[PDB]
Each structure stands twice: as C-alpha cells, then as structure tokens.
Engineer: 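Attached: angiotensin I converting enzyme 2 with MLN-4760 bound.
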Amino acid sequence: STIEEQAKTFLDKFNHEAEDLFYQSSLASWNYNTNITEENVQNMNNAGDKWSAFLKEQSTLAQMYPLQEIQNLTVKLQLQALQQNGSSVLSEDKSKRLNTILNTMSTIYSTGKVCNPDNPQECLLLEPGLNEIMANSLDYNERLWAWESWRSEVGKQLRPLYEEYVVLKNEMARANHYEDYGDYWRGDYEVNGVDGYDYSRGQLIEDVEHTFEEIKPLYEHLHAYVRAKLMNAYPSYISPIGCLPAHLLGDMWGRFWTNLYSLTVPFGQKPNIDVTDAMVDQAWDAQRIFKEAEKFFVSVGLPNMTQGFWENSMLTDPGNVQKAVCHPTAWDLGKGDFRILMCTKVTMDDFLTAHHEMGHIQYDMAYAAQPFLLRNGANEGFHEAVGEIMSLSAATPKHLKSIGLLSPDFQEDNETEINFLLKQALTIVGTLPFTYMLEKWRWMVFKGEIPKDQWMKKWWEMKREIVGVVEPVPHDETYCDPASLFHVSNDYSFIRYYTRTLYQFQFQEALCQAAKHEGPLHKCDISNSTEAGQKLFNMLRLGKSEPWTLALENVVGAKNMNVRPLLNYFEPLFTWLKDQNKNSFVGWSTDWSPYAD
Ligand SMILES: CC(C)C[C@H](N[C@@H](Cc1cncn1Cc1cc(Cl)cc(Cl)c1)C(=O)O)C(=O)O
Ligand SMILES: *[C@@H]1O[C@H](CO)[C@@H](O)[C@H](O)[C@H]1NC(C)=O
Ligand SMILES: *[C@H]1O[C@H](CO)[C@@H](O)[C@H](O)[C@H]1NC(C)=O
Ligand SMILES: [Cl-]
Ligand SMILES: [Zn+2]
C-alpha cells in the first residue's frame, strides 16, 4: 500500500496512546497545580517525564517517513509536529535541570511570601494580599511596599534561575532549527503550506510593530488623561509630564489599569458600571458567576458545561490547607475531561475572567472531535481572543443591565457611554503597550540584544519609552521584575494577548452584523443570537487544521490582524479624550523619576 498510508495509521496509532498518556500527565500535573505538596510534584514530573520519553521515542519512529510523499494536506502537517525532535534535543540528563528550574520558578511564584515589616508574622501570599492591596489600597505607601517587597523578596530569587532558563531553553530552541526560543514562540503564528496564506515568523514581529503605531495616539491621550486624575489622588508624586509610577496602576504589574476606575471615572455620579458592588449586595458566589457565564454561551448556540466540569473545576481557593496556583486556568485533560482552576472572587474582574476561561473551554470542546495532534486553535491569539468576544458583549451596560447587576438604568445617557468606554480602554488599551513591551524585551533577550548584565537596564528604559511607566525604586541587575508576572516565570507566551486584543474586535464587528446590530459595536449585544453563536461555532471546530489567516478570512473579511475595528470601538472615547486632554499634556518624559528627586 501507498507510503502516505504507513503514516495515515502511524498517526492514528499515535492519537490513541498519546491522549491517554497525556491525560496521565494532565491528571497528575493537575494534582500539583491544585496542591503543591511534593508527593504530587514527583507524581507529576513522572507522568510527563514518561510522556517526554514517549513523545521523544515516537519522534524518531516518526521521521522514518520522508518529508513530502504525502497528500491529503492534513496528514502532512500533522506529521510536521511529530518529526520535530522535542525539547529532547537537549542533553537528556540536562533538560532535567530545566524542569528543576521550571518547577521552582512556578512554586516560588505561587508560594512566595512577603512579610509585614512591623510584624514578622503577618506574611502575605501574592493571592490574595499583595494582590488585594495592589488592586485596592490608595496609600501610595501601602501600594509601594507591596510592589517593591514582592519584586524584592520573591522577584530576586527568580533571577538566578531565569538566567539559566533563557540559556537552557535557548539551546533547546536553536538546536531545533530556530534562531532562539522567541523565534520558537513566534512559531505558533507561522503558516507555510498554503500560498497567499503563508505567514512567516519574522513577520509576526513587524506586524505587531505596524499595528502598534495606530494604537499609540489612543494610548497617549488615555495615558496622559490618567496621569491627571492620578495626580488628583497622589499629588506631589506624579509629574504632569513623565510616565506614572509602577505601583499605582491598579495591579501588581499595571498589566491592567482596570482598577484605576474609581480614580478615573469621567462622571463618577452616574450609576457605577463596575457591577463589582451590585454583585456583593446580592451575595453572588463562585458558582452563580460561572453559571451566569455558562448561561451566555448557551444563549448563542454553544453547549452547557459538562457535568464533569462542574464536578472537578476548582472555582475558589481552598484557603489554608492545600496550596494551589491561583492563576485562573482552563484545563483540557483530553479524554472528554474539562476543568477550570480559578480562585474566584466576587469582583467584576472575576465576572469577566470567567467568561474568558470558560471561552477557552467552549473552544477546547468545539475542537475536541478532531485529530488529537491538531485540536488547538488557529493560534494563541485565537484561543485568547475567544473569551474576550464574550466579555466584550457581556459587560456592556445593556447586557449587564438585563442580566441583573443594573436594574432599570438611566436610559443610556450619551454620558454613560464615555463612562463605560473609559473602563474598557482601561482594561483593553491599558494592556496593549504593556503586553507588547514585555514580549519585546522577552524576545530581545532570547535573541541576544540584551546581555545578562543589562536586563533590568533595558527593562525600565523600555517601561519608560514604550509603556510610558517608571520605577519607584532603582532596581539593580540583582532583580528580575519581568519574572514576577506569572506568564513569565511559568513559560506561557505573552504576545497572544496583543494579537488576541485585535482579533477580538474583528470577530465582533462581524458577529454583530451576524445578529443584525445597528449601532457602534460598543453597543453590540450578541446574546441569544445563534446566528452569531452558530457562525463562530463553525469556526472553533476546525481546531488548528487550517491556517489562521484563511480561518480569519473565512470568518471576518480580512485574512490578517486589523487594528481599525478596535480604533472604531474607542473612536467616541478617543475624540473625547481629545477634549478633556486639551489642557493636559499628551506624552511623557523618558528621563523623569519619582525618587531621583
Ligand atoms: C495561559 C494561562 C496559563 C494563563 C491565562 N490566565 C489569565 C488569567 C486572567 C484573565 N484575566 C485576568 N487574569 C489574571 C488573574 C485573575 C484572578 Cl481572579 C486571579 C489571579 Cl492570581 C490572576 C491571564 O493571565 O491572562 C489564560 O488563560 O490565558
Ligand atoms: C532528531 O535528532 C537526531 C539527532 O539529534 C537528528 O539526526 C534528527 O534529524 C532529528 N529529527 C529530525 C528528523 O529532525
Ligand atoms: C484524508 O485522508 C485521511 C487519512 O486517510 C482521512 O482520515 C481524512 O478524512 C481525509 N481527508 C479529510 C481530512 O477528510
Ligand atoms: Cl515590573
Ligand atoms: Zn486565556
């Protein structure tokens, strides 16, 4: 029989052992992220250590098939993955150290503690505490300790191992036909096979570059507007001309300025559109949330969460007695097993993140029925970009209103608009420059453009030009600030958040028009419309068996990342920021300082 047949099986003989062999790891791997005992650690790095050996072995027993000599395009690209020597390319008993490094980094993060100065016994984990503070405290000082202490106490520990991490990981990358590890994560976005749809790795970069320009204006005015209302509540601390201090951003990293809402609300007297409060005066809990969320997908086609999910997902920190990584994550253990690990809180933040995490799931399912080594979203952007297509709709006063956290509200005042839209900006635009800059530095390093002795160097120089933010305390190259933001210390590429942000609005400008909407998309409902659910559905199911470029094209006109639908969402808020800012200065100083004073 044909040779494009010794594989059409070799693959399927693979999709069946792997799934279980995987699930064997995902399951143990889960006992860890849910209880950082240690007994659980080993069990875990034993389950994947074999899957390691499994995949490794099946890599050689795979490349036994020549490149082409294969049709049915799928069968070929599916082959692609396997042929690539995994991180096995490493010195067997070397990659071990990587894990040793990887595992720690994780624990350090979800376990590290800073302890109150005036009471060696009042220690705070990052969740919550360093977190609740960096999200609520208004005491420039409380804010300040938390910020520094975290980076100081834990951050510093990370350093040593991060230095080893880039190295080890790099060697693995480059010894795999890539320029570095970054070139690797840029891989995800790559597509070859198809012509006119081919997308290169070096592209993803300059494609973010370009798309970033049209994003700057809207940022600056948004940044120069919140340097204002931020001075208004921390006078004598921030210059009306030089990037705000890192600890007043609304959260440990300033990744999201969504908590600077009460300090920046444009018309703070209209009905708060941060139903974080209405939720408490209704006693909303974890379930109720993930139930009110699951209720959304079901309104637009997509199924209800499986009873298996409801019986294993950890939707609240088990508190003292068992320590689990609290970062919200949507798990796929395969074999039909779907779970979500999130230390849910009754915030409006956790209301949306639920719509996120869930979205991950609704996707993981939507492409379940698909060759195992192919079920995986067109690309990271897409996976991230999905739950955000919901939060976009399920956060509009409209929805929020009808849902409950906003009984019969003041019509929709031409002002509740700039009001609602400023929050979004806070969350969505706030992150773009932060999201970008971090990955850039992340690339620069793997690349090489930043020698070990210049890490915290470029990092803050950068945080200054691009993000438009400065550090409250000179950080020596003893630190490692960009290793105290989960994502970093636990692998996870970061640029999917950038890309996800732009995909987000393209998919939305299409579905509204696929539910017959007739206003700006920042008024677009999308709930109850199967016309919409359906469309998106026919998209999710294809897994990663179709270049995202084509997939994108088949869903929303363009076959690539478009910044304009976003610029359209925030056009109302922009022109207004224009006004409000008329007197205030748009831009910032890359030489200022809140301490050099
Ligand atoms: C790739 C995964 C390992 C991490 C990621 N989780 C989210 C979690 C998230 C969504 N929106 C906000 N956050 C941050 C966060 C929320 C909560 Cl309730 C607790 C904590 Cl510790 C962090 C992210 O960091 O983007 C994701 O699902 O894409
Ligand atoms: C797997 O690794 C071996 C030795 O490092 C190498 O010869 C082989 O080409 C790799 N797999 C492929 C087909 O790239
Ligand atoms: C092409 O051949 C493969 C393996 O023989 C088969 O499973 C697949 O269904 C065919 N094309 C598709 C993707 O339907
Ligand atoms: Cl930082
Ligand atoms: Zn996500």
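Residue numbers count from 1 along this sequence. Both ligands and their constituent atoms are indexed starting at 1 by order of listing.
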Engineer: Which parts of the structure correspond to MLN-4760, copies included?
Structural biologist: ligand 1
Engineer: Which Zn(2+) binders in chain A, per UniProt, sit with a heavy atom less than 4.0 Å away from MLN-4760?
Structural biologist: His356, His360, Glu384
Engineer: Any of the residues UniProt assigns to substrate binding in chain A within less than 4.0 Å of MLN-4760? Only heavy atoms count, please.
Structural biologist: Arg255, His327, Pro328, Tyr497
Engineer: Using UniProt domain boundaries, which domain of chain A contains most residues that touch MLN-4760?
Structural biologist: Peptidase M2
Engineer: What does the entry say the source organism of chain A is?
Structural biologist: Homo sapiens
Engineer: Closest UniProt active-site residue of chain A with respect to MLN-4760: which is it, and what is the heavy-atom distance to 1 Å?
Structural biologist: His487, 3 Å
Engineer: Taking heavy atoms and a cut-off of 4.0 Å, what residues surround MLN-4760?
Structural biologist: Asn131, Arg255, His327, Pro328, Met342, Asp350, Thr353, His356, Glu357, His360, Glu384, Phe486, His487, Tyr492, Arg496, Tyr497
